[PDB]
Every structure is written in structure tokens, then in C-alpha cells.
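Structure follows of carbachol associated with Acetylcholine receptor subunit alpha.
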Amino acid sequence: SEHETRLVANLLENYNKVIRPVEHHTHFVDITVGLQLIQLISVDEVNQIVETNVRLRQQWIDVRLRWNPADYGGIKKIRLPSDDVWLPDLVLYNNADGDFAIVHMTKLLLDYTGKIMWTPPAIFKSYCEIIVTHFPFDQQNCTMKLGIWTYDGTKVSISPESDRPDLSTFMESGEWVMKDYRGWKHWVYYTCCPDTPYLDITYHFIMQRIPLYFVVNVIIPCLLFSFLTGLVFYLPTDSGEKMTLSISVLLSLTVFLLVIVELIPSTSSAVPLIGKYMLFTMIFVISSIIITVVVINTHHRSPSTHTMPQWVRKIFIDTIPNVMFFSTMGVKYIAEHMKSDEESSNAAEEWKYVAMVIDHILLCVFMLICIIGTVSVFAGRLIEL
Amino acid sequence: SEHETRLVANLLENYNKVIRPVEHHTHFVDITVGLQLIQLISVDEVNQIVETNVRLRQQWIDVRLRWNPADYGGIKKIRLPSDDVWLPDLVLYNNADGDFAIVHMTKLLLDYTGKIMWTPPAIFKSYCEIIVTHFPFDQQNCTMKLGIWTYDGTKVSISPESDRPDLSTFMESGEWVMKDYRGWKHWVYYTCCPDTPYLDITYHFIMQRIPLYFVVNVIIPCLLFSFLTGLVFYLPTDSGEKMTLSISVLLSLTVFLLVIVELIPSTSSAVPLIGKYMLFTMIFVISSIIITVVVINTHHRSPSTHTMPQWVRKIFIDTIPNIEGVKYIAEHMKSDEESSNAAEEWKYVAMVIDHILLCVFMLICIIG
Amino acid sequence: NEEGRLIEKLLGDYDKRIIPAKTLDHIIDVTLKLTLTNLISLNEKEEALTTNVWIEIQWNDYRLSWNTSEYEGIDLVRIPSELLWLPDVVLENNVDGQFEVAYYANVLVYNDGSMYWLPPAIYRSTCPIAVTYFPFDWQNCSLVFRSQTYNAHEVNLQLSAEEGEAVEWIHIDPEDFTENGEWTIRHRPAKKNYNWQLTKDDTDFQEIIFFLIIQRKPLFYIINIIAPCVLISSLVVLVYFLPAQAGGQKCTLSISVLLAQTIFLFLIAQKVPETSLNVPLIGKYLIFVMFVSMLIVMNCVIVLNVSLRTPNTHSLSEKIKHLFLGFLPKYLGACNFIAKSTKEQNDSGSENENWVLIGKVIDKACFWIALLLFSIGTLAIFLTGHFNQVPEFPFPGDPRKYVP
Amino acid sequence: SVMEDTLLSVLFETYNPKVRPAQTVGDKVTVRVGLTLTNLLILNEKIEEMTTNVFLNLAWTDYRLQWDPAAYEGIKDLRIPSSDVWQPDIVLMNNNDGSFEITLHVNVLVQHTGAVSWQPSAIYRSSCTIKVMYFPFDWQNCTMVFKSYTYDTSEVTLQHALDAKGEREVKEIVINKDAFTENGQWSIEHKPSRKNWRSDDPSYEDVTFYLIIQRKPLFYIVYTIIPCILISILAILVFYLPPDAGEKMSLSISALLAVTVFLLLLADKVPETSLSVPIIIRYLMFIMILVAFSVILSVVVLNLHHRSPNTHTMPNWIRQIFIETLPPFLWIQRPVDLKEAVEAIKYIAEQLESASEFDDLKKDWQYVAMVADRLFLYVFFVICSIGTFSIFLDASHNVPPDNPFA
Amino acid sequence: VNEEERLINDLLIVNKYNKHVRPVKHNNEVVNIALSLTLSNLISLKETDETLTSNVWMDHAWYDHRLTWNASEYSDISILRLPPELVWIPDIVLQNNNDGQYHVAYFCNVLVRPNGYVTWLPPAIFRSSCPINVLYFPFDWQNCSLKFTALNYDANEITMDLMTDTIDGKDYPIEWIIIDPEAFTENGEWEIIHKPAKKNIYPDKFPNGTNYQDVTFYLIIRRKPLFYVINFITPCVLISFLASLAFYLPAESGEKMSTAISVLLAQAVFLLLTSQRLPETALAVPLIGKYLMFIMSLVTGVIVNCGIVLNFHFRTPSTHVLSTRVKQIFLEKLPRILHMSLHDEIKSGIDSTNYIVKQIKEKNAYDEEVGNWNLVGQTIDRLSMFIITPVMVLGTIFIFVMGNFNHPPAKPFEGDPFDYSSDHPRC
Ligand SMILES: *[C@@H]1O[C@H](CO)[C@@H](O)[C@H](O)[C@H]1NC(C)=O
Ligand SMILES: C[N+](C)(C)CCOC(N)=O
Ligand SMILES: C[N+](C)(C)CCOC(N)=O
């Protein structure tokens, strides 16, 4: 268009992009800043970073760029490269990866009254400290702090477009749900510049993790192995394979501990409930193994070198009525030897019986302990309401 | 300063950076080139890529950039930016992932006689064919090949600053130690340009790996399992748990072999000595497992259906060790005694075989 | 806007390629001040320290000086850094190729020529990781700032001053500081350093070093690695109470303990650098417990061998029988053929009983030995991990504290 | 001098690339947008990002770039640098990374009538939502959205690209038979294109190219399904093993460990999104539960086998169920000084008789254990077969539709 | 002073050189660009990413009549070096690349001769995308390609073609990848069997569309399998032999199943480690993967057979009878084929002795029945061994011989009798 060509030539003739668009240097530029979250790209928990795709819409009035539409053939809006006009320098304060400011520099809409409407895209890889206490049933509240860097509040003023960031076109995360989101404006005084307040806007998001993936992939096998640890007591010590089951479950829990450690950050601010549950389960397994070795030793305890004390006989013969289950409530030398053999066999059967009674008691108490422990560990956060 | 402003304005007002800084086109602009290593960032063995931090010192005489200090207030140095003067195009011919030439383009010192010294930094990710024969006690010798890539011997005539690269400020790697390092100058003829010799300088570093990390993380557990290999024989066959121990040791050794495979590159130039030793230990474990299965079968070899060979009963037994009142039970007791004696002979044969294998393992451990 | 006229007047006869020295032999005083906003991470595998900082570079440029009376009392303007001469202060000890700052913010220039530049940066500095006392270790990292182009005859690197007192620290700002979690900053001194191996015209003669002495908080590691490892390794002494009568599975338990310790060794390797200058304390403990477990596997094999000995294959001499039965435990605490068969089987049974008694005595003695060894090793390792605190002073010889 | 140089000098004496080519105020520049897929590089499910190699066939009309070929020695077309002419900011709004614009920036072709045609090549990492169900027997629907970043419907009018002949308009992704390599993992079932409008704002228009791709499930069948079927066979075999041989645990828990290892080494191939559970992970869950119950019932069988009349007394209901009720169904039918010497023989005979009765009771307990073992074997076999067949049947029933619904 | 400054000022400034115009005297004429490739180093071939990363020198040659001068008029200037940003260069780009790298890594200067001949030899690190055929892994040969096309001009404006060399007065096209002996490092894992180069014309396209011409350089590279053999094949076969001979373990010892189960677990571990060292493609099942699947199935069959043997060994006459057919088969036939190696008080005592003898007889009969069952179990063990070990050995030998017989073709193209070798130019 010849009219638009003349208009662009006229506007960008004595225009200096270095200087602020104020008429008098005493005044300030009020930039209306809104952030819209197109997509939550990722939440890296180990590195405590959130990658978000955003559009950083911002509007401000530049007096030097106004014109009369009737002169230039009734043109009321044009589009200009952002490199040709003065741009506010928004910087993401909290930042881990990527640049601090906008780097794409897309074109901007210029209204005939000087109303610039620059909406550039960005990917904010912003640091944000995650609370790993309730894992994986946690909600992460964390923010993006955008502020004008080299200008104080008396020369460049930033103002939020709305109380909340725009999520009209926000893609569903598939891993988090946005419980809440809000932007707040702060006048902060820094040690650099104590006499002038710098303005910033912090947009904070609450993201509640959907735990279905982590539950199925981690928690269910751990519960299964805890149940197997509880079960190991019902196995008869005569068959063997008891230590086999115990050590197999211990190795499985060690592997799952490694897997969980690879997931959560190494911070010590708060111990995760998943970590303390792993520790509880491992202590449970160790106690089961120790008392299992005790039971095995008592079962194979020699009936000759170990005389059965009276107190164990009393306790583990009168305990059975208290428990309601399926348990029971030359010509002469050969005869002498086999009589002694059968007497020793019965004495060993007494030790086998007390070992079986201990096994039943341990089975009951360990099933109860497993159920109570898992309920106490998980129902604290599972009951959100 | 105003004098330096006038000097910079006058030097570059009719200066063309395209043309070489030579009075006559038949001459060559001699360039003194030196390397200064700062830190050995990494040696990726799997991809055979060595990442180093270097500074590339280059000195040459630019005749056009000469001035009289007395006119410009006694100024003798300028410190111009590099993007304003002719720069030699040194290219790392061995690049494997990164830039072939210098990309930082820092400022360069400019003397009043025309001498120019430019020391840009660089991150050289060069190719490094690693000899994996020894491990984790390897010694790596891979080079950096710097040429000019556009001019020949009669145009730039590169030259080395010193016989050895400067390591006066080299940060200690911790994982590698510098044994030797030296730079050599070569005149090479390529298929492109057979009638013009292209000059280059190759700087080679000999790095000796510090094996403490790999020793602790691999060799010690591998040695423990290799020692556990021989405890199978001393373990009685009556207890069971023999095949379990042997198989556990074998699986551990296979896991560590896979770890070693993940550590070393996939080249087939030479087999690592650690890999060869691991394979030999696996062979020994397999042989021990076979002998253990034979010994178990011998121990449980009932005499009711299997007779006792005569040669075995010779060697392994003698040479290597050095109307209702019918008594139906007496004859069966005698037969059971005979069968038990034959079974005991089988037990003794198994024990002798186990002790012989244990002695063999002890001799192997002693010689190792 | 008078700023337009002022800036077009300043940058008229001005070029950024020339150091603003007043005359010949005039050194520009460039002063630095770091501000640590967030210690982002310390990646051990790459031996890198990633920090978010604001660096304050302050100098004087006589060319950029004006008269406030002629410009409606304007005493401060912002000029893009790309249009001005910069001292080219760079981080020398960077793992990557990033030498200069990330953003290149504007420079505040005053009427007298004072230049104030405060760009933010993400610095991936390099520092060797002293992994001797991991995870109860403290790391002494540093950020070194030099002038990439100018030498000591042209610029003069210095630390910032407030009221005559030079800022000798990193100046954590309360408004915008965030704790790193696992790492806590015990000391943060700053110091100008020289080389003395180079003359003062080599651009590396002068440096400014900001030291971060940080301490790892080991509660996470204690809960997730050390405690499970100690609990699992404590099972290897439990093997001496299992029976040796072809059951109880002593070998399976001991080998499973060894395999679990190997898994923990792999886990440790997945969190420790490959520095190889020293072996980590947790790594030393893992090697010790694996060696103890191997010895206990040997002991289990020997006990199974002794307790399963029969009078056929082995003869129980009285010198060994009496020694292991009467002394150490106190210190430790047609019928003719039928009778012959019964006696001959009872003799073998008695020999087997004596052998299993010898095995049990050996089990008790070796259990006490192994328990003492394991307890002493664990206590020694995790007590020398303790009693290892950050030094009281930042630089050890100096009596200064280097704190605000 | 070449007439091309003079033509370029005359053509760009006052041309401004920053102003939109509107003949009169209020006109719209119709931009025809098409896509040519040269190589679908990959579809990373971990980050839900499809990277592809494409050519963006853009066409528009610039009234300023007009000339008379008769007056310039017959120059009917020119190939000129892309940066010297105006161009719509046709970008991929769907990009997962920050790359919106083109990678290559080839020269634009201009005819003497002003018809500009630009076909720049690019590598696009578009954001594709992944439906997790049915993996790895899945059919993904990845969209690439193209529109002018800076120009809306009041300034440009997006259209579909024309064919090689001008009369036909292409409504689909054009795949060149040459220079196209089929992906070894995905097959292009449908590749339609459509113009999209969002209601409540009549200043928005997209051209969306849809890739409906069906995954070829091999390398998943072979490497996960068949080993898991073998592990399931082992879990079933657990019950046929006799309790007397001490290896029921060593087999069942080993199978459980194998399934868990398969899970943990498959965790790096499925997306972390948790809208639903994929078919393969659900099948792994089923196998884990089956093997765990196999372990539990093997423990129960071992406990039953080692019970003794001295330690346990068989309840009446246990005997009724497991002696004369189930074995008929399972075909496990059971087949069917002198005075001192005298006292010694009588005592040992009585002891032998008592031991015989004790052994009879112990054999009754072992028979109950064996009957329970066979019952569990049959139940586990039928349950495993039915579950596996049903899961893989409904997985095989999943095919992409016929009408893409563009 | 230097004459190069005057020469360049005359060529580029006085003559008003335009770098955005084709070096053609007048339009409707083609600028022919000769193209050649030199392989300095084949950096890597990642099968998981299916990428070929190579270090190349990409030589271009053409004519630019505007860059013509009289040598004797400029004090005999023979060669000139000019930056690419000052002169027109043909933009030849690698069309098939995984990353967004189309051009060369470094834009080195261009060499111009007084006749207008211009040559350009920039280096490049090219990451091209070639599909990986894993049918015979690790004894496999890959066929990777690098396709270069001119997208700034159509075939009616510039014409790509292979660079030509001259031997004893005859010119031949260099239809192969040049390997300079002074600059080339062997990969150590891949050996270049064939390195052809072709100029492809597609008649189905039009000359005015930039899809008409390509220049393709092919690398047929055979993997040297010694590393993979030593580090994966030998341990797997050695472990499989353990399951092969697990039948030799007697049923009395409670470790018969454990050995086979552990061997199966090792085979699964090897399978899952192999799966990661190959692309996630469904074109074919890898040779090593197919062998491991066969071995795992056979070991599972071995485990099932061992379970059957254990079940047949521990069955008792109290629960299981011994059928006539089972005896007549397993006790006799198969082992032959397989060549297996006072007053009333004393009366009560007599009755007590009678009961003792009867119990001894019953125990002896029970012992003989369980012994018959044990012998049946051993017979089944021997039969399973002699039916499983040979088939496993034969399968392993056949699979690995078939893999080792996989060799790259003698000619690089099926229908082309010519061998694209540097030693036999066609001229
Ligand atoms: C600055 O302005 C004041 C008042 O106009 C004047 O007195 C003084 O001389 C000026 N100084 C300079 C250096 O121009
Ligand atoms: C706003 N703040 C304090 C973070 C940076 C200010 O830097 C300046 N004054 O340029
Ligand atoms: C000689 N060589 C191959 C290293 C560089 C060739 O580049 C030229 N001369 O253009």
C-alpha cells in the first residue's frame, strides 16, 4: 500500500527507539502487562524448574507514533517490527534456564492514536521451589516474577491487565490441574536503589498433580510387597524358602527405593511421605526377617541341649485357647534307643509347636501393622476435603 | 582518549579486511600460532570426543596498521576489536561436535609497529580415537589439527610459537593427568590442491587416566565375586545352596560385564583387557558350574541303578587322597548296609573332586 | 523529551571501541559487586555450580558527562549497553563457553560520567568437588572475574565500597533471595587476587574471586541411602543363628545382602562425581561392608563344611574336639546283626552331633567377631562423617570474618 | 548489464517489505497455505512432541511486484531473496519448542503478474496430545496449526493450496512420492487439512493439517508381551510343582520380580500423563496381581502340606470340601529278662502302629493340600487365559476411524 | 603496494557486482555447479536415533564471468580469495537431516581464477537421517544416504552435476565419495564397503520446480561385529548351555528348577539390554533378538519339563498309582534306547514281631514304588536332555552362521553393472 508506505516512512524518520515515549521526562510510561499461559510444558521436579509456554501481552501509548487516518487514506491500524520502536524491558526475575527477557521480537499492532499492543511469545524455564512433602499427592504453588529491570516506578510503571492470568486457550496439561492462578503487583525496594521503588508482577499458579500414573507405576507394587512380607509368616519353616521370600521382597523394595530416589529432588527441607513410607516398609521387612530368623532358630532348636523353660511352655500352651483358628487346642538296646529317639522327637515337636504359635501371632500382628501403617501414611493427604 | 579516537579513525578509514596484510601479493604473512590449554572439560569414551577449553594465541604483522606514536600522543597500543581487521582462518580439522573456527571474536592487541596478537578462547570438541586395550589404566593420545584451510604455504606460512602447548595455567582435571604434550608442524598435500602445500599444526596430549574411581566401582566388586567363585568347591553338596551361590556369582559377573560394555566404546579395534579378564572369569564360572553339577549328580548317584566304575574307584579313592518269627529284617539290613557303603564311596568321590577343584582354584589365585 | 537531545548530543562523537582514558597512562577504575539471588544447583557429575546473580559493574566514562542546568536538571539516563564502551568483565572459570552476561541490560549514566551497569546472569562456574566426606561434606566453590581484553595498565579491578568500607562479600539481598535446600551458605567472602607469575600487562594478572563455601544438608541422604544401607548390612551378622543342616539358607541370605550392597553401590555411583582424586566416605563404607559380607560368606561356607562333616570323610581328632568343646564354650559363655547295625549308625550319629556342636561354637565366636567389626566400622565411618564441620573462618590464616 | 539487474533496480526502488500489499485501504491479501511432508522424523511420547520435516507451500499476490516481460527481454519470473519482499508471518502456533518461523528461508519466486510463491523448508517440533489408552497398539491424531502470527482475518485470508494444475484445490497434506521416507514405526492412515475458525472472535483463522498415524506394535509385542506371556506360563506352572520340592517360592517370586523389572524398564517408554492407564501397563498390573495371588496361594498350599495332626486338627468342613467333593470334579481321585524282652517288642509294635496312624493323618493333610493345588492350577489357568485374551482382543479392536472428521 | 586491493575494488565495486544475481551472461541460460564430497571422518551412526553424523568437505565449482580479470594487467595475480558474503554462491543444502542444519558449518573463503572459475571447499558436520535395517544385527550392513539439493533455483537456472577430474587427457565424473589418505580416520566400528555418488533426475517432476534434480552420496557400511560378538553373544550362549544341561541335576537336590529359572532371567536381562541398543522400528526382528526369543522359549520349555519331572518323582502310592503303560514305556523301553547306565505274653510278642515284619514289608514295597517313580523321572530327564540340547545347539549354530553369511552386495546398485570405485572411472 502506497499510503501505508508513506506512513511508515514518515513515522520512522526522526524516531529514536532509545528514548522513552513520554512527552516530558518527568512523566512515566504505564505499560499494561498480561500473561496468558498457552501450555504448561513441563515440571522438572529434580531440577525444580517449570517450563511454560506463555504469551506476554503488553500495551502502552507512544505519542510519537500517532497519525491522522484521513491524511493516509483512512488507515487506522498498522503493524511494525518490534525492533523499530521503544520496547519495555520485562525481565523474569526467577529464572533457571533460557533468557531473562523476550527474544523472539514479533511484530506489534500500532493504532493511529499511538496504542501499541505487543504480544510476543516466550518459554519461561523458571525456577520454582517444589514442596515434596506429599508425594505424589502434592500441589505445587509457584510463580513467575516479571518486572521492569533498568527503570524504576517513577519512569516506567507496569500494571496487571487483570486480577488473574488469561487461561482461555490453555491446553489441558494431562499431568496437573490448575486449582488457582493469580497475579499480584509489588512495589519492592532493593539495596541498589533505596530511594526509588521498582515495580514487579508475580503470577503464581497452584498445580495439583494427578497421581494415577505414579500410583499405578510405583505405589501398588510396594503395597503388594508389604502384603507379601506380612504373608511370609504363614509359610511353614519346615519347607524352607522362607528366607527366600524375605530376601526377594527386600531386594524388590531396594530397587523401588532406587526408582523413587531417582524421581524426587535431593532437598532436605521436608521428608516426603513416600520416602518415609519406604523407610517404614524397609524397617517392617527388617523386623520381619529378624523375628523370622528367631522363629527358625526356635523351630530347629535342639530338644537335648536346650531344655524348654516353664514360662514359654505356659504362655505358648495357654495362648492357643485365646486364638480361634485351625490349630490344635541287643534285644533290649534297640527298643531303648528307639524309645529315646521318640522321646527326643516329641521334645522337638514341642519346639515346633511353639514356633508355629509364634508364627500365627506374628502373622496376625503383622497384617494388622501393615494395614494400620499404610492407612496412617496415606489417608492423611488422600483426605483433601 | 581523543588521540586514540583519531588513531582508530585514521587506521581503518582506508583499510580493507579482505586483503591479506602483505606489501606484495607474492609475499606471505607469517603467523606465529600457539595453543594454551585451560581445562580438559571431558573425555567422552563412548562417543570418542574430547572437550577442552583452549586459548588460541596468534601473532602476525599487519603492515597497514602502523602509526607513529609521537603524532598520536605517545600511544603504542590500541586493543582493537577483531571484527575490524584481517584475521587468519584457523580451522580445527578434527571437529566432531561444534565450530570449526573461532566464534567468540574477542579484541586483539595492536602494537604501533603493526604487530597484532589475538588470543581468542574456544571450546574444542575434537574427535579422539581412544585405545581401549588397557582399562581403566588406559593412556590416550589424541590431537588437535589446526590449519588455515584457505591459503597455502606461500600465502600465510603458519608457524608454531613453542615446541609444546602452554600449560602454565592448566586446571588439574582430577580424572586425567598430563604425561606429555607437544605440537608438530606439517606440510601436507591434499587431493584438492596437489601443487600447493597446505600447512598445519597438530598438538597432541598424552593423558593417563587415574583409575581410583573405576577401580573402586568395578574391580573391587568383580574381585570379590571372582574370589567367591572358588568357595563353591569347599561348600558341601548336602547343604544345597551350591548351585544358588554359583549362579548368583555368574549373574553378578554378567551384570558387571554389561556395565563395562556400557562404559567402553563400541569399537572393534581391540578388546579391553578388563573385558577379556571378565570373559575369562565367566568361562571359569561356567566350568565350575559344570563340575558342580557333575559333583551333585555323583553325590546323589544312587547305587541301586548305577554301578561304580573301576578306574574311578582306583584313582579318586587311592591315589588322589594320598512262621511269623521269620527274620525278614536282617537280610534287608545287610543289603541296605551294602548300598550305603556304595553311596558313601560316591560321597567320597564327590568330596575328592571338590577338594581337587578347590586346590586348582587356590593355585589359580596364587598365580594371579 | 529532553533525554532525546541529551542522548543524541552524548553519542554524537562517541565510539564504543576505545577505552575512555583521560590521557596517556590513565587507569580506569572498574569496581565489581556480586549479588546472589538463588544458588540454583551444584551438579556433581559435571562439577558445575549454577547460580543466578546480579553483577554490578561501576566505572567512569568522561565522554558521557553533561551539564544538568542545560538539560532541565537531568542527572541520570539509561543507555543500551550495546552503544557504550564496556570494561569486558567476564567469568573466567565457566564450564561452558558463556563468558559475558546473559541479558546485557541498560547502563545508568550520570551527569558526572559515572557508569552503573547491573546485568543479571546465570553462571555455570567450575569448581572441583571434594567428595572425601560425602554426604557429610562442604564444598568450596568460587567465581573468578577478569577483564577479557584490558590489562592492569588499562583497567583496575576493585571491590565496591559503600561508606569507605569495601564490600568483601557476595551481598545476599533479603528481598530477593531463595534458599537452595540441600546446600546452605556458610561463608561468602570476596577477594582481589594476583598471579605474580605474569607481569601487569597480561590481562590475567588481576582477578576478583567470589568464594561460596556451602554445606550439604544430609538429612535426605541419611534417610534415603545411609539408613537403608546400614539396616540391610546389619542382616549379614544375622546369618550365624541360622541352622547349617541343609536349611535356613545361610548362603542365600549372605549373597542377597551382598547383592543389595552392590545395588547401593550403583546408587551411590549415580550421585557421585567421577573426580577419582579421592573415594567418597559413603563409598568407603560400602566397600567395607561388601568386604565384610564377602568374609561372612566365606565363614558361612566354612561353617557349612565343618558342621556337615561325617566320620567317613573327616576324622575328628581329640585335639580339635576338646579345644572346641571343653575350653572355648566356657570362655565364650536274629538280633545279633540288628544290634551291630544300631551301634554302627549311632556312632555316626554321635560324630555328626559333635561336628554340628563344633559348627555352632564357631558360629557363636564368629558372630561376636563380625558384630563387633560391623558396629565399629559403621560407628567410625559415620562419626568421621560427623565432626567434619565448615572451618570457622572463610580464609583459614586470616582473622577477618568477611561478613556485613 | 543483465536486464535482470535493471529489473530488480526498478522493482525495488521504493518497495517496502514492512507494509502489507493492499491495493486499496481495506483489502485482504489471500494467502494459500499448503504442506508437504518429506519425513515424519519422530513422535516423542515422553514429551508429547512430533518432529517432522516439511515444506510450507505459500502463495500470495503482491501488486507492487509487477512488470512487463516484453520490455525486459522476456523475464517472466524472478527468484529473489526472501528478505527483500513482504511475506505473511505464517507460523506454526502448535510448536512445542519456541521455534515459530522457518528454518531455511529459500528464495521466493515472483511472476510478472505479481504472484509470489514461497516454498521454504523447516523442521517442526509440534505439540501433539497423546491418548495413552491402547498403547502400544495406538492411533495418534497430531495436528499442525498454521496461521499468520501478526495478521488476522481483516488483513489476510488464508486459503488451501492449489494442485499442480490451477483448477483443483488440495485439501490434504501433499506427500511427494520421491524424497519421502516412510517412518518405521508409524503409518499415515489419514492426512487431511482444514480451515478452522474459533467462535466468539471473528478475527481468527487457522489452516490445520492433521496426521492420523497408526503405530506398528512390533518391538513392543516381541520385547514385552511375549516375555510376559512366558512369565504368566511360569506362574501357572507354579501350582503343578509339588510342595515337597522346595522351589514353589523360587519360581513364583522370581516371576513376580521379572514382571516388576519389565514394568520398571517399560516406565521410560510411556507418557507420564495420567488421564488413563495404557493397555500394556494395565495388562502388566493384571499379571502382577495374578502372580502375587499365585505366591499367596503357594504359601497357603505349603502351609497345608506341612501341617501335622500333632500341630493341627483338620476341621470337618475342610475334609468335606477337599476329600469327597472336589476330587471328583478335578479328577484327583485318591487310589484307596524274658519279660523285659517281651515288653520291648510290644512297646515298639505299638509305637509303629501309632506312627502309622500319624502318617495316615499327615497324608490326609497332604492330600487336602494337593487337591487345593490342582483347584488353584485350574482356576489360575482359566483366569489368565480369559484375561489375556480379552485384553489383547480389545487392544486389537482399536483402529483409526474411516472419516478423519478433518 | 598490494595489487589484490585494486583487483577486488575493480571486480566488486567498480563493476557493481551483485551477489543476488545468477552469474549468467543473460537469462534463459544455466549456471552448472559441479559438486563433490570428501569424507574426513565418519563420526558416528546412532541406531537408536537412526542418525549418521559425518565430517565432510563439500566442494563446489562453477563459473562467474563477472569475476574475470586480465592477469598480466594486474601484475600476474593467479588466484584470489574472497569471502562468500561478497560473491554469489549456489545454496546447496542437505535435504535429509535430523537437526535444523542445512548449510555448511563454516563459510570459508572462495577461490577465484582469472578465467572466472570459482571453487569453494567448506567443511561441514552433517547429521543425516537414514533408516536402520536391524534384520541381521549385529552382523548387519547399513545403507545411509546424503541427498543434496538446490532450493534457491530450479533446474532451468542452475544444474547440479558431479565434479569431473582429468586423467591423461580424458575427463571422467567423480561418481564416488572422495577419501583423502592424508585426512581420514577409520571409524573402528564401521567399514565403508561402497561409496557411490549419483545425480538423480526425476522425470515425474518439472524442471522449473526445484524438485527435479538431486545429488546423492551413498555410504554402504558394514559393522565390525567383534565387539558385539565378544560382549553379548558368548555370555548368552554360555548361560543358555546351563539351562541345556540342567537336566543332569538330580531331582533329590532341591535346586533343579532354580538353575533353569535363573538362566531364563539372565536371557531376559540380555534381551532387555539388547532392545535398548537398536531403533524402535517394526520393519524386522533383530537376528540376535530372534535368537534370544527362541532361546527363552526353549528355556521355558525346559522349566516346564523340569516341573513335570519333579511332579513324576515325588508322587507316592498313597496318592498316585503306577499305570502299566507308564512302566512299560519309561522303566524298560526308553532307558534301553538311550543307553542309560510266656503263655499268652509270648504269643503277644510273636504277634508283635509279626506286626513289625509286616510294617517292614509295607515300607519295602513303598520304597520300591518310590524308586520306580524316581527311575521314571530320571528316564524323562535323559529323554528331555537328548531332545533339547541338540536342537538348541543346532538352532544357535544355524542362526549365527546365517548371520555371519550376511555380506554387503558386490555392486552398490542392483541394476547397475558399473562398480562406483575410484580405481575404475568410466570416462
Ligand atoms: C553548566 O551550567 C552552569 C549554569 O548554566 C554554568 O555556570 C557552568 O559554567 C556550566 N558548566 C559547563 C561545564 O558547561
Ligand atoms: C531492578 N533490579 C534492582 C532488580 C535491577 C536494577 O538494575 C538497574 N538499576 O539497572
Ligand atoms: C586444503 N584444505 C582441504 C584443507 C582446505 C581447502 O580449502 C580450499 N583451498 O578452498
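Lettering follows sequence order; numbering is per chain, from 1. Read the numbers this way: they start at 1 and go in the same order the structure lists the ligands and their atoms. The figures here come from the full heavy-atom set of this structure, side chains too, leaving out hydrogens, waters and symmetry mates.
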Query raised in the report: Where in this structure can carbachol be found, counting every copy?
Result: ligands 2 and 3
Query raised in the report: Under a 4.0 Å cut-off, which other chains come into heavy-atom contact with carbachol (ligand 3)?
Result: B, E
Report task. Tell me what the entry calls chain E. Result -> Acetylcholine receptor subunit delta
Requested in this report: Check the deposited model for a covalent bond from carbachol (ligand 3) and report its residue and atom.
Outcome: none
Query raised in the report: Which transmembrane segments, counted from the N terminus in UniProt, of chain B have a heavy atom under 4.0 Å from carbachol (ligand 3)?
Result: none
Requested in this report: Identify the organism from which chain B comes, per the entry.
Outcome: Tetronarce californica
Report task. Find all residues with any heavy atom less than 4.0 Å from an atom of carbachol (ligand 3). Result -> B/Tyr93, B/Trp149, B/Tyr190, B/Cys192, B/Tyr198, E/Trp57, E/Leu111, E/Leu121
